[PDB]
Chemist: 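This structure holds meropenem (bound form). Let me ask you some things about it.
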Amino acid sequence: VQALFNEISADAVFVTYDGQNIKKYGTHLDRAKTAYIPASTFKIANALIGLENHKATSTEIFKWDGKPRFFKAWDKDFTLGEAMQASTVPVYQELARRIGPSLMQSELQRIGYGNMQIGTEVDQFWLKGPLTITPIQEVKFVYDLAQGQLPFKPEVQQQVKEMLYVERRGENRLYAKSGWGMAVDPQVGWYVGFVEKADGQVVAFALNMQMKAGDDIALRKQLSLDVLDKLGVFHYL
Ligand SMILES: *C(=O)[C@@H]([C@@H]1N=C(C(=O)O)[C@@H](S[C@@H]2CN[C@H](C(=O)N(C)C)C2)[C@@H]1C)[C@@H](C)O
């Protein structure tokens, strides 16, 4: 596990949580207590707040408006779950605008998300600050989500859990969300989620690492799945 991490120029930390024990791996363990912008991982909290406050449903289609978006892959219609796995920022900015700054600010404080700051811009706060969050806070947030223990309706947490369903491996289920914050210096990479193992135990995790523009998009998930296989949490099929 440690030889894998410094096989790159990787400034990285990988955190796991089983509900009692926080474990740290990687080349820079202090990253786990350091706060970073959530970037696209905020789409987990955005969906939860939006569904809880009746601003959207998990079957509604957010239709493209015709204007070219940041990635051509985003130039189509999306449900919240489809936009979750595509990381479609414009769909979740439209949701944040439905929520509004005062409700969004009040809700993030209610659930104690990160530093609980959003400032004035309701569609920018998770992309360039001031909202920050540590990897430990991230593992504990998605772990609570996995257990239905966040301050949200149970069916709301279940809907967002399904939005994160990315792989079935026998009787083991992986739930995950990627993040790449490019509008900050330095750039930050996220891969957070949890494995619902075949034996019934849940293990939440969060990769958090420094990025630069040349980096391959698939590196975060590869690293995370590689480590999870080593840990025995999620063996390769
Ligand atoms: C969020 O952190 C930012 C988005 N996160 C991305 C990422 O984690 O890959 C990309 S999405 C990019 C285009 N869609 C591709 C994809 O995920 N699949 C094809 C599965 C990669 C984006 C930088 C967001 C704030 O811009």
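In chain A, numbers come from the PDB entry; the residues present are 44-280, in order. Note that ligands are numbered from 1 as they come in the structure, with each ligand's atoms numbered from 1 the same way.
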Chemist: So, counting contacts under 4.5 Å, which chain has the most with meropenem (bound form, ligand 1)? Name it the way UniProt does.
Modeler: Beta-lactamase OXA-58
Chemist: What is the residue-level binding site of meropenem (bound form, ligand 1) with heavy atoms closer than 4.0 Å?
Modeler: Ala82, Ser83, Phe114, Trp117, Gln128, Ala129, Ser130, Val132, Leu170, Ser221, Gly222, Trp223, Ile260, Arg263
Chemist: Can you check atom 14 (N) of meropenem (bound form, ligand 1): any protein non-hydrogen atom closer than 4.0 Å?
Modeler: yes
Chemist: Can you tell me the protein heavy atom closest to atom 18 (N) of meropenem (bound form, ligand 1) and the distance?
Modeler: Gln128 O, 4.6 Å
Chemist: Can I get the nearest UniProt active-site residue of chain A to meropenem (bound form, ligand 1) along with its heavy-atom distance to 1 Å?
Modeler: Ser83, 1 Å
Chemist: Closest non-hydrogen protein atom to atom 21 (C) of meropenem (bound form, ligand 1), residue and atom name please, with distance?
Modeler: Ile260 CD1, 3.8 Å
Chemist: Just need the protein heavy atom nearest to atom 10 (C) of meropenem (bound form, ligand 1), so name the residue and atom and give the distance.
Modeler: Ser130 CB, 4.3 Å
Chemist: What do you reckon, does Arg263 have a nitrogen or oxygen under 3.5 Å from a nitrogen or oxygen of meropenem (bound form, ligand 1)?
Modeler: yes
Chemist: Can you name the atoms of meropenem (bound form, ligand 1), numbered from 1 with element, that are less than 4.0 Å from a heavy atom of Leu170?
Modeler: 25 (C)
Chemist: Starting from atom 22 (C) of meropenem (bound form, ligand 1), find the nearest protein heavy-atom neighbour and note its residue, name and distance.
Modeler: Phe114 CE1, 3.9 Å
Chemist: In this entry, what organism is named for chain A?
Modeler: Acinetobacter baumannii
Chemist: Under 4.0 Å from atom 7 (C) of meropenem (bound form, ligand 1), is there at least one protein heavy atom?
Modeler: yes
Chemist: Hi! I'm trying to figure out whether this entry has a covalent bond from meropenem (bound form, ligand 1). Which residue and atom?
Modeler: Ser83 OG
Chemist: Give the residue, atom name and distance (to 0.1 Å) of the protein heavy atom nearest atom 5 (N) of meropenem (bound form, ligand 1).
Modeler: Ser83 OG, 3.4 Å
Chemist: Return the UniProt-listed beta-lactam-binding residues of chain A that have heavy atoms within 4.0 Å of meropenem (bound form, ligand 1).
Modeler: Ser83, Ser130, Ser221, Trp223, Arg263
